[PDB]
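For reference, chains are lettered A, B, ... following the sequence lines as listed. The numbering of chain A matches the PDB entry: 2-44, 47-360, 369-437, in order. All chain B residue numbers match the PDB entry; in order, they span 61-190, 296-391, 398-508. What you see of chain C is 2-34, 61-439, where the numbers are those given in the PDB entry. Order of appearance sets the numbers: ligands from 1, and atoms from 1 within every ligand.
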Amino acid sequence: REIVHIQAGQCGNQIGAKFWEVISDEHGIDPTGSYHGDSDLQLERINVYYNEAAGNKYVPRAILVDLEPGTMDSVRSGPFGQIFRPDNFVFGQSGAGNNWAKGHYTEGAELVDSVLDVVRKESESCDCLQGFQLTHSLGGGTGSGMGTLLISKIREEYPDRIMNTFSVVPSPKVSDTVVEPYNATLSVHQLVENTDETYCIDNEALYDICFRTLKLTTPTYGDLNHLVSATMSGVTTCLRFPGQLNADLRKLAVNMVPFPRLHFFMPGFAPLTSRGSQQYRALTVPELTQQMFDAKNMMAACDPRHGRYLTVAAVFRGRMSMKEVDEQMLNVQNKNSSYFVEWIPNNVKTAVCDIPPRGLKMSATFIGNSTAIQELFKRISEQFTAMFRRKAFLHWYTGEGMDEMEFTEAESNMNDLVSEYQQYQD
Amino acid sequence: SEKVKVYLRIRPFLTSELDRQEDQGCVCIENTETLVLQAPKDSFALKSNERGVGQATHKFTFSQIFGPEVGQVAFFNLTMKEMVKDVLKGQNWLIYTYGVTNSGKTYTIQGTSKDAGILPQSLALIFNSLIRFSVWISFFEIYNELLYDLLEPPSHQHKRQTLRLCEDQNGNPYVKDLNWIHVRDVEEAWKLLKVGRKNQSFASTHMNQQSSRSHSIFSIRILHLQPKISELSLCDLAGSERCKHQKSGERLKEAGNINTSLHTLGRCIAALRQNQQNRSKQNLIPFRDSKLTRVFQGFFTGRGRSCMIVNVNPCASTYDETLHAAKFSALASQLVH
Amino acid sequence: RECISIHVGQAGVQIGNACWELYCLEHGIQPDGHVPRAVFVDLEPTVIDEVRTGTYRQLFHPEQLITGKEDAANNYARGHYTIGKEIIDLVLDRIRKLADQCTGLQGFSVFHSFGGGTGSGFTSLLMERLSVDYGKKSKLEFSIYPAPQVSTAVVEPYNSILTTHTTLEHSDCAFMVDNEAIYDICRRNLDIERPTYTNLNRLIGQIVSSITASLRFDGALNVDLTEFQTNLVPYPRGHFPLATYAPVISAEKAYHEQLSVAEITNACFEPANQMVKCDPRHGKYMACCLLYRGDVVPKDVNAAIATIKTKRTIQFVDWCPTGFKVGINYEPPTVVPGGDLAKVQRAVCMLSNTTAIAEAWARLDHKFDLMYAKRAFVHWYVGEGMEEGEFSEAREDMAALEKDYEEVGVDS
Ligand SMILES: CC(=O)O[C@H]1C(=O)[C@@]2(C)[C@H]([C@H](OC(=O)c3ccccc3)[C@]3(O)C[C@H](OC(=O)[C@H](O)[C@@H](NC(=O)c4ccccc4)c4ccccc4)C(C)=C1C3(C)C)[C@]1(OC(C)=O)CO[C@@H]1C[C@@H]2O
Ligand SMILES: Nc1nc2c(ncn2[C@@H]2O[C@H](COP(=O)(O)OP(=O)(O)OP(=O)(O)O)[C@@H](O)[C@H]2O)c(=O)[nH]1
Ligand SMILES: Nc1nc2c(ncn2[C@@H]2O[C@H](COP(=O)(O)OP(=O)(O)O)[C@@H](O)[C@H]2O)c(=O)[nH]1
Ligand SMILES: Nc1ncnc2c1ncn2[C@@H]1O[C@H](COP(=O)(O)OP(=O)(O)O)[C@@H](O)[C@H]1O
Ligand code: ALF
Ligand SMILES: [Mg+2]
């Protein structure tokens, strides 16, 4: 079961570079080096994210799409940046405007054809393809825009394979852009009708969780990103290893998404203790559930406690007894029966791998599908409408060949999506 | 508003079908409006004697029911004349055929050369029913949940691309990216149907060779200025199938896609009937769930008078699928336009 | 006389390696020792490969190891229709070549874990095509039914209501072991809060060794496989009896080994040792097969059972006078060299059919229903070549098994 990562846009690229920086380490794959892997088990499944060509050069199977040179020209000129095959670099020297429509209809539309070519060359790699990974930001052109096209085409060329998407939703408190809510509403629309697994990350939730769960005084982007890359490896990659109870994308999805819409999840790491001090090593198991299921520690901005849960996926990865896990999970579902849905006897879906993160003893990826994520689409819709009404920076969209009813479409869709989420939140 | 016009028809057992297995008397007729059912089978459902295929009785309620003996001409008499008049009136109208595999839905829709179907008959009636007139035709097929335009010229490889289903200024969803041809005469429409046949996907099944892979939607919009806009749409949906067990391969995938799409209509109607009973602050409409449901939204929830053609298979094996279909129609009858 | 075994599904394959392990252990057949007589099928390579990488690697033939690189899918539908179909062919072929190669076999011991993907789907179509190609044989399947409250899969019940409908009308006798109730045994009858799947498997792998293995071996009261289905099922329905083990003492904590028959047999009827959360809340026994092995005197037995029969608290069904199949084997049990099992010189592996399952079924029926009421993950089944038929026609179906265990019992 192979897969093909996709670093759409600037953010998606920056974060992507960190995800591969991480992932490689969990497979002993040096820049241009070969398999230095501490063990031999970190090789039995490499195929899934790499490619066999020479015999010492296992190249990551990802795609780099962006209309801004600077990005691709900084990631390929650094560390592991020199591992990607030139063919993978799908750049577009055009005008990388921060406009969703400009990167989906005018500038993005051209490089798209030059994308489909590669996305087909990589899909036809080997073994059996499972799905595609897509990373990007809902606060820019090449991210929300170019990324919104890539999915609509991918999910039409292979409506069989799954589609995981890691989006960096526009943080509330402070928005790192001005058109932000526009590019968001417009991209979420296509996502909720293409991708079948979306992990919303919050630039401001990262800061928080990195300022209170990590004594880090200077949380650089690289850091933030790294945290994400650590969680997103626990999702996919992890499950591609043996284990007492192993899972995989399919199992994971067909167990977490009750309604065809797509549903949004919430990534969460387990052992999140500061280096020096904090190193209590308290990882028996009950300490992990305490963390993960807490408010703080949830990559989303909204708090689970503000909305029922639909499903949960405990992706553990560390030698442990199937008793102290499955039991605990139950206890938690009883202690917090209030918000955890009743029409579902067993919301939590326990998974237990074996091999842990290289230097750590035991970890556990958290993927919660709570209806609490409503307090995000609402936010966006608010900010959107609030400026839409006055057609704020609307002329910047239309002028790139768009429709004024298109904005309505997006809003409507995402708004209806809110309805559904509430129909099962009560 | 009025309840959806629904008619139930059954197809006669084929000689080959009869030879394979002969179990008749499953469907009986009582009154033109209603059907009485007693179905025989090799074995009944294993439980206390309840609704089984072995020997059981059931009741069907519909506007009108047709026997195995008569074909499309009977449908043309009652349905074709009145339905076309509504469209001329400017009122939107839509008719589709629903039923299990081997029900002969293509027979109702297209019809044979000797016996013209609903579409060719309605085409004749529109002229009779018919001031400036403008008319265009759109023809497309949905295969593997992807849309193709029948109008597209014949070629080795050709894809229309995904249908641009975007809601415009109008609240009701509209289908775009469809090529349109002016309708001067019936023959022009017929020609479009003929060329469309080649483009439309076809396949053979254990049940029947005629089997259509893709659902077919024929849409004709008439604009008349004494401009009134009216849309007449005739849809030929593919039926459900056991063939999935019998065959595999691409055929399995096509069946899976159809069975999922067919189910979305069923869930929608179920919600719709429930919506009919419940006053408010209840379950939402599944239109958004599937693309097919979205397009059909106007049909189910919004504007336009609707009529449905349900085909039934007298086969005992098919009984569970047919019962569900009948149940679907019964539930659909509950809600009003 | 022979019998083959089909380990299907991640769990069923993991448990298979365990159950098959104990075998060699009491047969003097080291890692690279004869040719077995079972197979391992799963749509998850990583799990089947574990038998190609871990212990007993070369003790199996790569021909009796079927794998489907595609997708496993934790759902009946996919495993049954779409994918599972593609694999069935190859699978059947093997269980038809090995069934021929032997000499007068007895049946196919199926090993699946009800609420799984390959365990639900796959098996369903396997047993179907089996009952037609070998209707004239025995079909005893040892299943692992969904834990009453500590389930795993979110869909779990769905996958078990679809596999029940097809197994009811194709299998002869399906033994069931409650996954949850196994932890209990490790806590109350072993004392250990660290039970890994590889441990739970050792339990089943033990009771089963007393089923097939030791039974197929001569003794003072041989018991053929046919005997079972005959004396264990009162009606054509694929009745699901319960598996139980007696000498489950810890080889560390307590040490009372020397526990005369009368006691080891009495420890089988106690709810805190029945390898199933089907507590005798009302379920009347209707046939029990007390399989003994080791030092056991036929008279000592024909007394310990008599005392039980007159204990009244074990209330048997009305229409059943005597329902106690005394099975005496020779070879005593076989504890893993360094597991956690005491190691006695006699054991009582009592299995039986009890109207108790009325509970277990209800609790799984309700579950299913609750979810079905909103259709939840139904679209995940439909899109894999399925419909409301398989569901609605299997809901009402099993229903008549909830009524069956009520009608055929509770009434004089
Ligand atoms: C001496 C020692 O034990 O050091 C630990 C350590 O101190 C701690 C604090 C690590 C440390 O992580 C961070 O400080 C951190 C920095 C930015 C963003 C997020 C986290 C560590 O850097 C991270 C590192 O993680 C790994 O090695 C995992 O395999 C992890 N790898 C990466 O994220 C990675 C980092 C750089 C380059 C390549 C990969 C991983 C996790 C999930 C999935 C795949 C890989 C570990 C255990 C440590 C250090 C080195 C100090 C912690 O994080 C992780 C992800 O394990 C932070 O809280 C945990 C608890 C650990 O004990
Ligand atoms: N006793 C025991 N139970 C197990 C073991 N492995 C899994 N289970 C149980 O069986 C069920 C898990 O089934 P899965 O592993 O998800 O699936 P599968 O049946 O192998 O097939 P797929 O869904 O297609 O992967 C859960 O109820 C587990 O608690 C095991 O080794 N021993
Ligand atoms: N976590 C994270 N967010 C980023 C990074 N880069 C940009 N972002 C976020 O992405 C949004 C801006 O979109 P951007 O990536 O510039 O769009 P594009 O480059 O035109 O596709 C802001 O909300 C930023 O916080 C990054 O490296 N990590
Ligand atoms: N009312 C009918 N009378 C006679 N033959 C019919 C009738 N309905 C269907 N058939 C025949 O049954 C076969 C299958 O019908 P068809 O319409 O193609 O199937 P489907 O319902 O799946 O669209 C054809 O050979 C058709 O001519
Ligand atoms: F022609 Al059919 F289902 F067989 F629509
Ligand atoms: Mg598995």
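Drug at ligand 1: Taxol. Per UniProt, the macromolecule in most contact with Taxol (ligand 1) is Tubulin beta-2B chain. Going by heavy atoms, the other chains that come closer than 4.0 Å to Taxol (ligand 1) are A.
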